[PDB]
Amino acid sequence: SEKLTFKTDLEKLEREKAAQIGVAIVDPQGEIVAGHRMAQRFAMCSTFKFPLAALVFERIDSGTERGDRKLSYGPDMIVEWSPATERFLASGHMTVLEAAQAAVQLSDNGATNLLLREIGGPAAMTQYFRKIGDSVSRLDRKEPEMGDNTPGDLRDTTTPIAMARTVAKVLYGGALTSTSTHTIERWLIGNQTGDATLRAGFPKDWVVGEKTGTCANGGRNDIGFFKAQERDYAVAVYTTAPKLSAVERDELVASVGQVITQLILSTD
Ligand SMILES: *C(=O)[C@H]([C@@H](C)O)[C@H]1CC(SCCNC=N)=C(C(=O)O)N1
Ligand code: NA
């Protein structure tokens, strides 16, 4: 059984790395391909920035937001890990689209907060999840405190299956116009923060786009999509490994990518 091998190999990683590994792989309609701890809650950390960009694109599509609108700010908006926001600070603004692209591709925290200050805060992010049929994911705080990942805390959490289904809805389920869908996919493919994580464990000819997270208490996450030949999949990986070094956590997620690959290749 290929799925048994998948389970066994993930459990071996968990045992040997003292880790918990949550995975869900779904088809474009949200049908389950495979998973592990798929309905256990994990901190979303920065992975929520992909749904945040989807919310922004939905508003742009609808006309309730404009991509070129300038969002002014001062140094009050700079928080830890805000590389683009810092570079644009002297100019005094970033556009909605600039901020969204920095949030997705650099995991820029200041840019994320700038967009949260606009779209209606964590309450509004959570309402977007509900609107697209995700009753599980919840944002309660802004960056970087939303990544505190206190054990057992249900604030700022999702489950692998809820998030994978949200990704599928956004990319394949008609949440966005064809243009906006294509754009967000290109942003995920061109992500600058994921070279050592999930995509490092996939075949080099798969088209892969993803959004990473790194948070306190050993959280290391990666969500997105992959196309294996003509077959599209949405995937969410959430891991907790407090005893591993940062480099080892990257390698753990890459290893999960390999386990996913073995399953997909072996099931034809
Ligand atoms: C998201 O998961 C966090 C946020 C909670 O702060 C950001 C920070 C990082 S890693 C920090 C070091 N980065 C570059 N030197 C990420 C990430 O995506 O890995 N997201
Ligand atoms: Na200020």
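We number chain A the way the PDB entry does; in order, the residues shown are 19-286. Below, all heavy atoms of this structure are taken into account, side chains as well, without hydrogens, waters or symmetry copies. One-based numbering, in listed order, for ligands and for the atoms of each.
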Which named drug shows up at ligand 1? imipenem (open form)
What is the name in UniProt of the chain with the largest share of contacts to imipenem (open form, ligand 1)? Beta-lactamase GES-1
Contact (N/O only, under 3.5 Å) between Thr232 and imipenem (open form, ligand 1): yes
Any N or O of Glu161 that comes nearer than 3.5 Å to an N or O of imipenem (open form, ligand 1)? no
Which atoms of imipenem (open form, ligand 1) sit under 4.0 Å from any heavy atom of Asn127? 4 (C), 6 (O)
N/O separation below 3.5 Å, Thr65 to imipenem (open form, ligand 1): no
With atoms numbered from 1 as shown, which atoms in imipenem (open form, ligand 1) lie under 4.0 angstrom from a non-hydrogen atom of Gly231? 2 (O), 18 (O)
For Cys63, counting its heavy atoms only, list the atoms of imipenem (open form, ligand 1) lying under 4.0 Å from any of them. 2 (O)
Taking distance alone, with no angle check, do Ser64 and imipenem (open form, ligand 1) share an N/O pair under 3.5 Å? yes
Using a 4.0 Å cutoff against the non-hydrogen atoms of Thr230, which atoms of imipenem (open form, ligand 1) qualify? 17 (C), 18 (O), 19 (O)
Counting from 1, what imipenem (open form, ligand 1) atoms have a heavy atom of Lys229 closer than 4.0 Å? 18 (O)
